[PDB]
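Bound state: Acetylcholinesterase + (-)-galantamine.
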Number of protein chains: 2
Amino acid sequence: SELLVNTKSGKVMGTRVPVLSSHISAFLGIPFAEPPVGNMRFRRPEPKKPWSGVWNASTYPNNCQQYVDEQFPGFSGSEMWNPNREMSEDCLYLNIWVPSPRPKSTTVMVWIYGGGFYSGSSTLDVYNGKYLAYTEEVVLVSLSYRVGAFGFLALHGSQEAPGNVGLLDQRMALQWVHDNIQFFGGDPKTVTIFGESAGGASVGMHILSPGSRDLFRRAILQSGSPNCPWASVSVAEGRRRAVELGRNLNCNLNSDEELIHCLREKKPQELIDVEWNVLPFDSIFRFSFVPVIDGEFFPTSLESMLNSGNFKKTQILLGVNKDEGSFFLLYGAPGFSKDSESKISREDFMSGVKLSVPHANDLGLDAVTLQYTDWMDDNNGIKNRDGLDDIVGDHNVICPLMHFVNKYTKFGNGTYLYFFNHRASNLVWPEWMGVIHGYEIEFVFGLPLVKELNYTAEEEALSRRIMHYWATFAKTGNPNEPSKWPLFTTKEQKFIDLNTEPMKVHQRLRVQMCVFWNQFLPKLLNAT
Amino acid sequence: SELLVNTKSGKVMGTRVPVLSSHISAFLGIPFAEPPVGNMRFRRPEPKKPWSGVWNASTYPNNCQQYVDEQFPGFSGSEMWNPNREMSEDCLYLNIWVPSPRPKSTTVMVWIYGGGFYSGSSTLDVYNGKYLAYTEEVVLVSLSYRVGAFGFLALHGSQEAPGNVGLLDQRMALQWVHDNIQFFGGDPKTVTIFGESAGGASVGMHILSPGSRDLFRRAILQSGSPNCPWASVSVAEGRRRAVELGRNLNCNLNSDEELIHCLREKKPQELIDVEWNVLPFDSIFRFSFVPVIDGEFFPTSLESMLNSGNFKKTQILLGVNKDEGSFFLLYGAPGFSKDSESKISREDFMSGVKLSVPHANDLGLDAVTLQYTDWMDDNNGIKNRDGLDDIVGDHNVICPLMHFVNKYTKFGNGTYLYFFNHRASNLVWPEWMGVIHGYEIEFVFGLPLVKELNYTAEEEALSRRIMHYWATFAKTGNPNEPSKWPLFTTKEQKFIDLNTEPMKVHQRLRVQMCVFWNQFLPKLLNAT
Ligand SMILES: COc1ccc2c3c1O[C@H]1C[C@@H](O)C=C[C@@]31CCN(C)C2
Ligand SMILES: COc1ccc2c3c1O[C@H]1C[C@@H](O)C=C[C@@]31CCN(C)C2
Ligand SMILES: *[C@@H]1O[C@H](CO)[C@@H](O)[C@H](O)[C@H]1NC(C)=O
Ligand SMILES: *[C@@H]1O[C@H](CO)[C@@H](O)[C@H](O)[C@H]1NC(C)=O
Ligand SMILES: *[C@@H]1O[C@H](CO)[C@@H](O)[C@H](O)[C@H]1NC(C)=O
Ligand SMILES: *[C@@H]1O[C@H](CO)[C@@H](O)[C@H](O)[C@H]1NC(C)=O
Ligand SMILES: [Mg+2]
Ligand SMILES: [Mg+2]
């Protein structure tokens, strides 16, 4: 039977799923690690012990324990990211969508979800892989990994909570795909990892980590890069946050062993209830437990690895969306609200910049404010609102990604850069938010091809070309089918817009602002 | 006789001069101080001892000793600023153009020439006052003052070379006008001092100096303000330059008395031959001997005087030209030449910024470069050339003037701001220079009304409205004849363009760049 597959870990039984008036096979909830529960909480993952009998893979697995968003109870724009399955620390599973009839050796894509390293699920409706698998004839995999303290609490030097274990979860799933995807019809030598935001940062982290490089062929990064300012911390800051977490739960802090034992007896929700109290600054776009520059998973600083070409050399396809900052300003900056046009006063602008660049001294905050203010019209509420969206987006997503692409391209084997700027016709978020962080995903997973979802015919067509660009790149290392998406080069720096209008090629994506964020401001903060 | 005038210092005999097919009286070369020669070199000026008999005032006086421009021998654009009379340390004289028949009590305007405080003459063809006196029926005075080391060598603490003596020369001429202009038909209560560049800085310095305020009624400043970065130095820097001058002439440096005695035995040209060797940095737009913040002529720092309203409160009319930096870049920055279009390489741009902001550290030079570079097109030769013109102009002329007008307006009694951007049809300087520092003067003095000079009929008309705006302001404190030039206010900050097109009103003259030069960069250099 097409729904039965024997892997090196055991037999697995999938289920048939309807898709656009046809059907494909799905193997949901395949375990790739031992449940990281009890004394295994905070530990590196262990491979799943092989099982006899048939694993029932007909239903989605539990989602990892995480902070649930209650900012807009019941609002769909918000609920679409929340766990849609019961949460459990027993959550290390992966999902596979396989074309029917079963391929022999086809292109494989493995999705890594985002969620600021503190949330995320492989089971969300926007990540349903049946459309992409079906439409492009690829074997589509979505993995999962521990988030929040469970995935990233780091007490460097300790073997019990070393940090980065969520990244090791991703790697273990990638090892499992490398070892077993051939049985599902996938070519393990043509595995493309792709992910958005913390998932895109994760993809870049596997490109950098010597221990992950050999497990995949090429990479796609959507609105995230490894060097994002929110994506990692030093071992000293990670240690400081772990100790502050213990301090919030009245833990014995005399030793790492004491702290970890205490943290392991707490129920999951108790850690989540105080997770946000350990940030060092009042800030937006900063998350508590994230990857640590540890000397193991990351051998040296990310910048020296990038500078010296110490990373996997292959082809990459990546990009950003037009209004990367709006989501975070809505959730945490003064003056923004979901149901108003959010015109921002001069004062709220200044407190927004302080929140956006938490690590900056006063001269630094002045430089940002000067750079983003139109001084002939400084009380313009729309301009201040949009200026803050650019500050947040440029500092946290865009300029770090432009820095990564320029460093990468010098040693890589092919780069394709995009700028996604289509505002979905059925977007439920207010107009002032624009093209929001995360909202290109639905186009990548082909949701616009299902009628009940209400997209325009042109949005369906944009989704189909994005899916074909992504799958053709996964297959060949070039999104173009032999109107061209040009290669991004060190000299030319070309990229394309991704929207419903005829393709336009541009150059040096937000260079002006990124020279400020990547070269000037760090020099300024260093001298002062 | 209309050409005979008896003043408190003695009788003076003028001469009749033809002007636009009519005639007026001129009293040229009237002495207002004792010749500052011999042991009087570097000393405060002494009032001219009254004389019996009739002073022959039919011809122009000698020009003060100064560095003569040989950068373009015989070229008219350059020669028009050079002394056109024999140079002599005996040069403290003033000139008066008087309408015919002689007025009883009319509006008086006193012109103070520029020349970077190191050069300048009251006798230049572009300063011929007959056209303005004639056309607007005003008594026009042009004074003179010592420049270079002779006017500004400063050994603070010494009474022999205290500094600022050139400013005291101007004040003495203003005292003479106050005491005697009534005899020539001028109303001493309606005296407007006006001047360009170092002459405009000088005008602002008399607005600030308690000892000059009472001598005039209102003021006009053209492309200069007291707080310009090149217009003054501390007493320590002035002292250091005087000692370096002596060191260049092998002077005994054991004491102020020794240094001054040595400097007083040198012929004028010997001091001028080494004048430029005392600048502290390789720089452009910096001059050796200039006003000193001494605690006497200037009681405290210029900024605290401006901040506290410690200055003459009256009406002011002032402005700048479009391309204030081009003249200085031509003369001293790499890549610029008089006979090429002067497209500037990225490299020459960077060495131009280093030359333009001599006092800045490397972070400071980076901030300027970032602010003026179009990073999507950084090798564009025209853009780099124009960017440098703006850097020089904004840092040295425009932003200091915008800072002065905003501080002044808070306490003043009426401000009128202009932006002169007409490129003369007969300009002999290359096109790339644009609307050059100093080139609005010919319009202010009405040269476009003389046919042989070859201006267009519209340029003649622009000159006539500028002359009428200036004289009406001198007369009434408002350039408008009862299409309006609006008052510049703290709230609105309006100004008008001055050119051959219908008047346009704008707001916040170069605010974006001036917030960088007046607020950001000084804070940056202070923190680093
Ligand atoms: C830095 O990236 C993020 C930080 C926090 C959140 C998200 C992030 O990326 C967004 C889109 C997708 O990756 C998943 C979660 C996001 C949308 C839902 N919530 C509530 C929070
Ligand atoms: C800072 O202002 C100046 C510094 C140097 C010079 C001039 C300046 O202003 C210019 C126009 C007018 O004021 C007189 C001299 C200038 C034109 C002639 N030369 C050679 C030099
Ligand atoms: C697999 O699990 C689902 C739901 O838990 C169930 O309906 C289905 O029949 C199961 N298959 C087997 C044979 O276990
Ligand atoms: C990628 O590598 C192959 C050889 O290993 C080379 O021929 C090709 O030009 C490279 N492509 C790019 C864009 O560097
Ligand atoms: C004034 O001086 C000029 C030239 O020096 C001379 O031609 C003129 O006649 C003089 N007038 C008298 C009477 O001194
Ligand atoms: C100038 O001063 C007079 C009174 O001294 C006042 O009435 C007038 O409004 C003032 N003008 C301005 C523009 O301040
Ligand atoms: Mg935006
Ligand atoms: Mg210019």
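Just so it is clear: chains get the letters A, B, ... in the order the sequence lines come, proteins before strands, and each one is counted from 1. Hydrogens, waters and symmetry mates are skipped; everything else that's a heavy atom, side chains included, is used. Order of listing sets the numbers, starting from 1, for every ligand and every atom in it.
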*What parts of this PDB structure belong to (-)-galantamine?*
ligands 1 and 2
*List the other chains with a heavy atom under 4.0 Å from (-)-galantamine (ligand 1).*
A
*Give a yes or no on whether atom 16 (C) of (-)-galantamine (ligand 1) lies under 4.0 Å from any heavy atom of the protein.*
no
*Output the list of atoms in (-)-galantamine (ligand 1) that are nearer than 4.0 Å to some heavy atom of A/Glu196, sorted by atom number.*
11 (C), 12 (C), 13 (O)
*Short N/O distance, under 3.5 Å, between A/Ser119 and (-)-galantamine (ligand 1)?*
no
*Protein contact of atom 19 (N) of (-)-galantamine (ligand 1) - nearest heavy atom, named by residue and atom, plus distance*: A/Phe327 CZ, 3.6 Å
*Heavy-atom distance to atom 7 (C) of (-)-galantamine (ligand 1): which of A/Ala201, A/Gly114, A/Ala231, A/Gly115 wins?*
A/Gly115
*Of the choices A/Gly77, A/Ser197, A/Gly438, A/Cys228, which has the non-hydrogen atom that lies closest to atom 2 (O) of (-)-galantamine (ligand 1)?*
A/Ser197
*Polar-atom distance check: A/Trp230 versus (-)-galantamine (ligand 1), any N or O pair below 3.5 Å?*
no
*Does this entry model any covalent linkage for (-)-galantamine (ligand 1), and to which residue and atom?*
none
*Heavy atoms only: which UniProt active-site residue of chain A is nearest to (-)-galantamine (ligand 1), and how far, rounded to 1 Å?*
A/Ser197, 3 Å
*Would you mind finding which of A/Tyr331, A/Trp81, A/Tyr118 brings a heavy atom closest to atom 6 (C) of (-)-galantamine (ligand 1)?*
A/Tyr118
*Can you sort out which atoms of (-)-galantamine (ligand 1) are near A/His437, meaning under 4.0 Å from one of its heavy atoms?*
2 (O), 9 (O), 10 (C)
*Could you find the nearest protein heavy atom to atom 20 (C) of (-)-galantamine (ligand 1) and give me its residue, atom name and distance?*
A/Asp69 OD2, 3.5 Å
*In (-)-galantamine (ligand 1), which numbered atoms sit nearer than 4.0 Å to a non-hydrogen atom of A/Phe285?*
1 (C)
*Can you sort out which atoms of (-)-galantamine (ligand 1) are near A/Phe287, meaning under 4.0 Å from one of its heavy atoms?*
1 (C), 4 (C)
*Can you figure out which of A/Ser78, A/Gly224, A/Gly116, A/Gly199 has its heavy atom closest to atom 3 (C) of (-)-galantamine (ligand 1)?*
A/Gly116
*asked:* Okay, heavy atoms under 4.0 Å: who's in the binding site of (-)-galantamine (ligand 1)?
replied: A/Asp69, A/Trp81, A/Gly114, A/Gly115, A/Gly116, A/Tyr118, A/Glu196, A/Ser197, A/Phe285, A/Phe287, A/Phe327, A/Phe328, A/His437
Dump all N/O pairs between (-)-galantamine (ligand 1) and the protein below 3.5 Å as a table: atom names plus distance, one pair per row.
from, atom 1, to, atom 2, distance (Å)
(-)-galantamine (ligand 1), 2 (O), A/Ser197, OG, 2.8
(-)-galantamine (ligand 1), 13 (O), A/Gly115, N, 3.4
(-)-galantamine (ligand 1), 13 (O), A/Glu196, OE1, 2.7

